[PDB]
Novice: 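Sending over a structure with 3BNC117; questions below.
Below, read A as the first sequence line, B as the second, and so on, with proteins coming before strands; counting in each chain starts at 1. Only a selected region of the deposited structure appears here, and contacts were counted within that region alone. Below, each value reflects all heavy atoms present in this structure, side chains not excepted, and no hydrogens, waters or symmetry copies. Determination method: electron microscopy, 3.9 Å.
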Amino acid sequence: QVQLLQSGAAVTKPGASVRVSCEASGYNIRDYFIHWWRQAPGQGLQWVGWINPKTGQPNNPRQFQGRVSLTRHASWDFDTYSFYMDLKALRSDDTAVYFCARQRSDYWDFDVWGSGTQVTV
Amino acid sequence: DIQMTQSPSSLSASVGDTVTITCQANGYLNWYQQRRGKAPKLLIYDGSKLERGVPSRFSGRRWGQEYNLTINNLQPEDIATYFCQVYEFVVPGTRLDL
Amino acid sequence: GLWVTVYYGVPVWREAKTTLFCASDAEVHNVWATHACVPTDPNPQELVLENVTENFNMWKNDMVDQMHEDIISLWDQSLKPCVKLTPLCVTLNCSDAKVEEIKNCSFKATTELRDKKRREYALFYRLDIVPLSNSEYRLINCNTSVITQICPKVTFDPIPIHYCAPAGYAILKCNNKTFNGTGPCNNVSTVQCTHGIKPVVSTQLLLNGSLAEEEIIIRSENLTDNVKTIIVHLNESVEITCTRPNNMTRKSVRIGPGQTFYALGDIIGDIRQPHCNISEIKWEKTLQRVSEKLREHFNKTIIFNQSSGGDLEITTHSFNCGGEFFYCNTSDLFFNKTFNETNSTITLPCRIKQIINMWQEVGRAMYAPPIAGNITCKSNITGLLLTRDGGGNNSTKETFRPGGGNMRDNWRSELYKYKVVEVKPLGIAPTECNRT
Amino acid sequence: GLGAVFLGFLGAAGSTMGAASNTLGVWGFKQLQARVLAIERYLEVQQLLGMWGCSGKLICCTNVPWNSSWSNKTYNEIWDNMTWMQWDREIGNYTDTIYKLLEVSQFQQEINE
Amino acid sequence: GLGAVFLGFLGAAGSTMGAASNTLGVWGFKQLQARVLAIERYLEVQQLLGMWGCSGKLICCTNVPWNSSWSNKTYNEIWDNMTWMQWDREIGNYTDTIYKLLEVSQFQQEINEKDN
Amino acid sequence: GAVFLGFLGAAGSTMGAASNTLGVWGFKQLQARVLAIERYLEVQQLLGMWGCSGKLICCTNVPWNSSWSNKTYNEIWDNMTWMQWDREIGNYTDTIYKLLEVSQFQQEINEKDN
Ligand SMILES: *[C@@H]1O[C@H](CO)[C@@H](O[C@@H]2O[C@H](CO)[C@@H](O[C@@H]3O[C@H](CO[C@H]4O[C@H](CO[C@H]5O[C@H](CO)[C@@H](O)[C@H](O)[C@@H]5O)[C@@H](O)[C@H](O[C@H]5O[C@H](CO)[C@@H](O)[C@H](O)[C@@H]5O)[C@@H]4O)[C@@H](O)[C@H](O[C@H]4O[C@H](CO)[C@@H](O)[C@H](O)[C@@H]4O)[C@@H]3O)[C@H](O)[C@H]2NC(C)=O)[C@H](O)[C@H]1NC(C)=O
Ligand SMILES: *[C@@H]1O[C@H](CO)[C@@H](O[C@@H]2O[C@H](CO)[C@@H](O[C@@H]3O[C@H](CO)[C@@H](O)[C@H](O[C@H]4O[C@H](CO)[C@@H](O)[C@H](O)[C@@H]4O)[C@@H]3O)[C@H](O)[C@H]2NC(C)=O)[C@H](O)[C@H]1NC(C)=O
Ligand SMILES: *[C@@H]1O[C@H](CO)[C@@H](O[C@@H]2O[C@H](CO)[C@@H](O)[C@H](O)[C@H]2NC(C)=O)[C@H](O)[C@H]1NC(C)=O
Ligand SMILES: *[C@@H]1O[C@H](CO)[C@@H](O[C@@H]2O[C@H](CO)[C@@H](O)[C@H](O)[C@H]2NC(C)=O)[C@H](O)[C@H]1NC(C)=O
Ligand SMILES: *[C@@H]1O[C@H](CO)[C@@H](O)[C@H](O)[C@H]1NC(C)=O
Ligand SMILES: *[C@@H]1O[C@H](CO)[C@@H](O)[C@H](O)[C@H]1NC(C)=O
Ligand SMILES: *[C@@H]1O[C@H](CO)[C@@H](O)[C@H](O)[C@H]1NC(C)=O
Ligand SMILES: *[C@@H]1O[C@H](CO)[C@@H](O)[C@H](O)[C@H]1NC(C)=O
Ligand SMILES: *[C@@H]1O[C@H](CO)[C@@H](O)[C@H](O)[C@H]1NC(C)=O
Ligand SMILES: *[C@@H]1O[C@H](CO)[C@@H](O)[C@H](O)[C@H]1NC(C)=O
Ligand SMILES: *[C@@H]1O[C@H](CO)[C@@H](O)[C@H](O)[C@H]1NC(C)=O
Ligand SMILES: *[C@@H]1O[C@H](CO)[C@@H](O)[C@H](O)[C@H]1NC(C)=O
Ligand SMILES: *[C@@H]1O[C@H](CO)[C@@H](O)[C@H](O)[C@H]1NC(C)=O
Ligand SMILES: *[C@@H]1O[C@H](CO)[C@@H](O)[C@H](O)[C@H]1NC(C)=O
Ligand SMILES: *[C@@H]1O[C@H](CO)[C@@H](O)[C@H](O)[C@H]1NC(C)=O
Ligand SMILES: *[C@@H]1O[C@H](CO)[C@@H](O)[C@H](O)[C@H]1NC(C)=O
Ligand SMILES: *[C@@H]1O[C@H](CO)[C@@H](O)[C@H](O)[C@H]1NC(C)=O
Ligand SMILES: *[C@@H]1O[C@H](CO)[C@@H](O)[C@H](O)[C@H]1NC(C)=O
Ligand SMILES: *[C@@H]1O[C@H](CO)[C@@H](O)[C@H](O)[C@H]1NC(C)=O
Ligand SMILES: *[C@@H]1O[C@H](CO)[C@@H](O)[C@H](O)[C@H]1NC(C)=O
Ligand SMILES: *[C@@H]1O[C@H](CO)[C@@H](O)[C@H](O)[C@H]1NC(C)=O
Ligand SMILES: *[C@@H]1O[C@H](CO)[C@@H](O)[C@H](O)[C@H]1NC(C)=O
Ligand SMILES: *[C@@H]1O[C@H](CO)[C@@H](O)[C@H](O)[C@H]1NC(C)=O
Ligand SMILES: *[C@@H]1O[C@H](CO)[C@@H](O)[C@H](O)[C@H]1NC(C)=O
Ligand SMILES: *[C@@H]1O[C@H](CO)[C@@H](O)[C@H](O)[C@H]1NC(C)=O
Ligand SMILES: *[C@@H]1O[C@H](CO)[C@@H](O)[C@H](O)[C@H]1NC(C)=O
Ligand SMILES: *[C@@H]1O[C@H](CO)[C@@H](O)[C@H](O)[C@H]1NC(C)=O
């Protein structure tokens, strides 16, 4: 029953902005963190940050610091929370696939993942 | 600080034999199963603890700073990328083509 | 002979859990209901054990968990009897205020006759309400919760309270001058009844707390992990005091039989933007000492930066001051504050919010009635809440940011040296005595 | 009832074995629950003591010897080297067994008369 | 306190007197009532014994003579053919009278040791 | 409960002569039961620690210093009742309780090594 929706793949010109949407509805969202990962071709996963559902406090590395902004927006009822991800400037090497994960039990283990969104530049 | 190492980076073994991969790091470690273009799947967490749903064939061993990953009784659909994941560092995985 | 024998009243204890009751020291109803709490002893016993060692992990302590549970229940109980502000949020037609800090506008409300209705004007802060779309607004929270006015009589000011164990149980506290949350401590004393623990509420800067001693104590569940917060504890407190110069007015608007609520009525005198003042030279040295203490735990240069973002609760410093709730920038203190290897102050402009989502559990909110006259409150900063960026294997930089990860960490600072435990006075020792 | 008597036992907890001998609302329901727990605790010690023949005695003496499996040590090491803390865990595994044989020892004394 | 020991007395209920010796919510408020009810019963038994001169002794004798009005049967028959239950039925009317006479005996006995 | 009322009998008689002779209902009652039971144990708690754990009249080995009182034995149990006794010593009852307590511990140790 636990699953995460994902937005469709989109392509934008350099210097534009892109929006990626992740939804969680099968559990108590407020009790678990959400993390974002990037999978560019030719190399392993790269961390992006996490957003606390209880309060939208992001935490990001310096590589994307100042550009990526993580925001949460609950539905009318406190279920089916939607997690977004916006970045201002896109470089020529930002082509990758962005995932949506979940943290639990004090361990950085991700039992639920999103389908991913493929974006070019 | 956190240190990561994946010495083999590539492993080709027959089907039905015993195969394993080597990852060295400090701190909590987890293993994931990544296919071609599909989301990674969690196999074992906390170094050796098993997950609900994954077959019992997958197993690992916690030894000091050395982490094993024992793979036995291979079946098709078990050939995909493996990588060890500490909190923030994830080095490229190793392939189990054949 | 080697004959068994039973000794009563022996020093044996084991980890145990129980419920602790409230106690208070020394006319008007209080939210904490300190009248119910039994009076404290004039001189609590502070017996100290001679030569014994014990270890405990405060992060697994349940004294803090129980404190959060009953404090939450106490606030709910106080709000049960007095009115709920559900009818107020209707289509509001607001344009501007003659005096966007404050907005003046009116609404249609019920009167003594239910069928009849009247138009009454009231003043609300801009952030209190939200726009429906032009010129129409509603209260920030009516499509996802129910707002309840806080009873005007009760006072929310914190008063020291004692979490005091029952009979047959003891509380162990050790006074190791430098000691973080986890690890053994060899100077442990048994105190039946705990000392003052003021239930202060804050998000970024801990205030009105006990000072450290001999060190700048730094505590966190795990330094390597980034999710967990880091709690600072300053041996030298920093005095922060500020007042809002504006003068308010009280107005009464009424919606049901015997039910009345208080809304901001009018502004007296010239409108002036409230702010807060902190010392320049004193605060800078405070962060320098903190930076030095953080360096040895990471072996990298320490840098500070403002909060990443989020709702107004965490991104701005918040506290209670004379019955008013503040949300202040506190950004000048953590902006470009990289550390190298007068009579000026720090101005921190900010404003006040009426509708507050405190105790961030889904279901309900609160409304703070206004009070005429200015408010003055002087507080001392003791400890900070920080969150490491955690940007991978950084070269030499470990930029830090403020922000309260969880509200429970407010009280963990003052409970880092405490542990409830049960004592068993029975034992079976070896002796040669044998009954006739 | 009074907790001061319980406190005094904790005094000299770290002292050696021999040295010890020589030397309507939230507030009101929790208080009631704690009070009921406090009174219940006291009778547990009294109930065990009463059935072992201990009637208001600080130190008792029974008529049951030791089993060799419990421990093999003499007086001097026990009473001048160890403390109540680590010593208790040595016999703690056999605490339940000793209780059963201690009650019957007092019961069989009463039937004799 | 513990009720397990109380049920222990009930063993061999049908055996003779001589043979017996030889051998916030409803869930939480009901529990509290049981705990308060249970603890009182334990002290009620102790309170009677404490003022009878017996301090928890399982078998305890006294010096009050047995009045023939209540009952007069040979000792062997009572403890060899009768059961503990039938004893209460016939004496149950006179238990209150027996209880009162015990109290004065202990009061008199202790006072005598003082005057001597 | 009736036993407590029994003590009040012959209150005015001299000490010597006396010896010779869910809702509102449900919670208030519950509080009384826990209050009454506690009071019974407070008296019993002190008695047990002093060595007399149920005797109607105890017998102790603590000397009567002249500090607290000074009067003949005859004029104690013949002219005044128990009520007046409390006022003359009521201020110092804490001192006697502590001094009498330590006597029981000292006696117990002397019995153990015997
Ligand atoms: C913050 O989070 C981090 C996680 O990122 C966390 O890190 C943990 O830190 C603790 C200690 O603080 C680590 O636990 C230590 O583990 C040591 C090594 O354990 C392994 O090796 C043991 C023996 O092998 C060693 O020695 C041989 C030579 O004999 C050598 O060849 C080996 O290479 C290796 O060096 C082995 O016994 C052990 O397995 C036992 O223990 C585990 C539990 O740890 C148990 O599950 C097993 O069943 C088995 O019983 C393991 O394989 C270990 O030596 C060390 O022990 C110290 O304390 C004991 C106390 O008696 C001493 O006797 C001993 O001499 C050592 O001084 C300790 O247990 C843990 O491994 C880290 N986590 C990870 C994932 O690595 C931090 O603690 C967190 N911080 C806070 C504040 O929370
Ligand atoms: C940290 O602690 C300090 C020290 O207590 C605290 O500052 C103090 O706050 C209290 C309010 O909580 C102030 O007391 C007020 O003083 C003014 C001026 O004298 C009074 O007018 C106020 O009266 C109100 O309360 C009365 C009783 O409830 C009502 O009858 C009356 O109508 C008013 O509503 C009130 O007594 C106190 O003056 C300050 N102390 C100083 C030195 O300014 C500070 O707020 C604490 N920090 C935090 C974050 O809480
Ligand atoms: C609080 O702790 C800090 C950090 O230990 C102390 O800062 C030291 O102050 C002395 C004063 O002479 C300096 O010599 C040191 O260089 C400072 N740093 C360190 C790391 O010691 C500060 O003095 C303490 N304040 C109090 C009141 O105890
Ligand atoms: C907080 O500090 C500011 C200074 O930044 C004070 O503002 C000054 O107030 C005096 C009052 O006579 C004026 O003469 C100055 O021109 C003001 N300067 C500025 C920059 O505003 C303010 O009064 C202080 N407030 C408190 C409560 O201490
Ligand atoms: C409530 O209405 C406001 C105003 O349109 C809107 O901003 C907010 O998202 C709504 N919340 C819910 C839970 O419907
Ligand atoms: C598996 O664990 C054993 C522990 O004895 C270790 O010697 C071995 O090297 C590990 N596997 C690999 C591939 O390193
Ligand atoms: C404990 O400390 C005391 C002095 O405080 C000393 O007399 C005693 O020998 C010590 N015991 C141990 C086991 O170190
Ligand atoms: C504080 O703890 C340390 C160990 O972390 C210890 O060495 C030191 O002696 C303790 N302080 C005192 C005053 O004993
Ligand atoms: C606390 O201090 C001890 C002293 O050695 C240290 O081992 C431990 O890692 C410290 N823990 C934290 C959270 O600072
Ligand atoms: C333990 O703390 C007390 C606090 O007053 C102090 O008097 C005592 O000297 C300390 N003992 C040690 C060994 O640090
Ligand atoms: C602030 O309140 C004080 C009360 O002591 C008063 O004297 C002063 O005039 C007030 N100032 C303003 C600007 O309202
Ligand atoms: C708000 O506007 C109404 C409009 O009639 C006016 O009567 C009222 O005085 C205004 N409020 C203030 C504080 O001036
Ligand atoms: C810590 O840094 C110093 C230099 O600043 C270096 O000499 C030392 O090796 C470092 N230690 C660790 C454990 O990285
Ligand atoms: C601090 O944050 C600001 C935000 O824009 C950024 O411009 C600046 O480079 C940061 N400084 C450091 C040292 O991280
Ligand atoms: C804090 O001040 C800075 C500049 O003074 C401003 O950019 C920032 O928006 C302020 N904080 C908030 C929450 O508006
Ligand atoms: C931060 O402030 C320092 C000190 O004035 C300055 O050198 C640096 O350029 C500033 N950085 C930014 C991003 O504003
Ligand atoms: C201003 O505020 C003070 C607060 O002490 C109050 O007494 C006074 O009535 C208010 N109005 C004026 C005009 O001072
Ligand atoms: C804050 O703590 C310091 C510590 O000595 C004290 O001097 C000061 O009075 C405190 N502040 C207030 C407002 O009481
Ligand atoms: C207690 O000691 C006496 C005297 O030596 C002895 O007769 C008696 O048997 C001992 N008790 C037991 C239970 O053996
Ligand atoms: C002593 O203990 C052993 C097992 O620990 C048991 O077999 C034996 O029967 C016991 N003997 C007595 C006398 O309790
Ligand atoms: C008590 O028995 C348990 C059974 O698993 C054992 O693990 C433990 O070591 C025993 N206690 C001692 C002191 O050996
Ligand atoms: C019940 O009666 C039978 C027949 O007399 C007897 O054998 C048995 O022991 C009795 N039961 C008990 C518990 O004494
Ligand atoms: C005791 O027995 C005598 C004679 O049998 C009788 O007169 C008297 O009433 C009896 N008293 C009681 C209390 O049974
Ligand atoms: C006890 O009194 C009841 C009262 O109804 C009576 O029926 C019964 O016969 C009496 N039994 C004895 C033994 O006096
Ligand atoms: C009451 O006082 C009268 C004299 O006034 C005396 O005869 C009688 O014995 C007294 N009664 C008691 C119970 O002291
Ligand atoms: C008796 O009381 C006097 C009065 O101070 C005191 O000096 C003396 O030591 C006391 N003696 C005893 C034995 O209590
Ligand atoms: C008892 O103490 C009170 C309070 O100190 C005092 O007023 C009274 O005179 C004292 N009585 C005697 C007899 O000392």
Novice: Which chain letters or ligand numbers go with 3BNC117?
Specialist: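 Look at chains A and B.
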Novice: Give, per the PDB entry, the macromolecule that holds 3BNC117 with the most contacts.
Specialist: Envelope glycoprotein gp120
Novice: Okay, with a cut-off of 4.5 Å on heavy atoms, which other chains neighbour 3BNC117?
Specialist: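 Counting heavy atoms only, the chains are C.
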Novice: Heavy-atom pairs under 4.5 Å with chain C: which chain of 3BNC117 has the most?
Specialist: chain A
Novice: List the source species for chain C given in this PDB entry.
Specialist: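 The PDB lists Human immunodeficiency virus 1.
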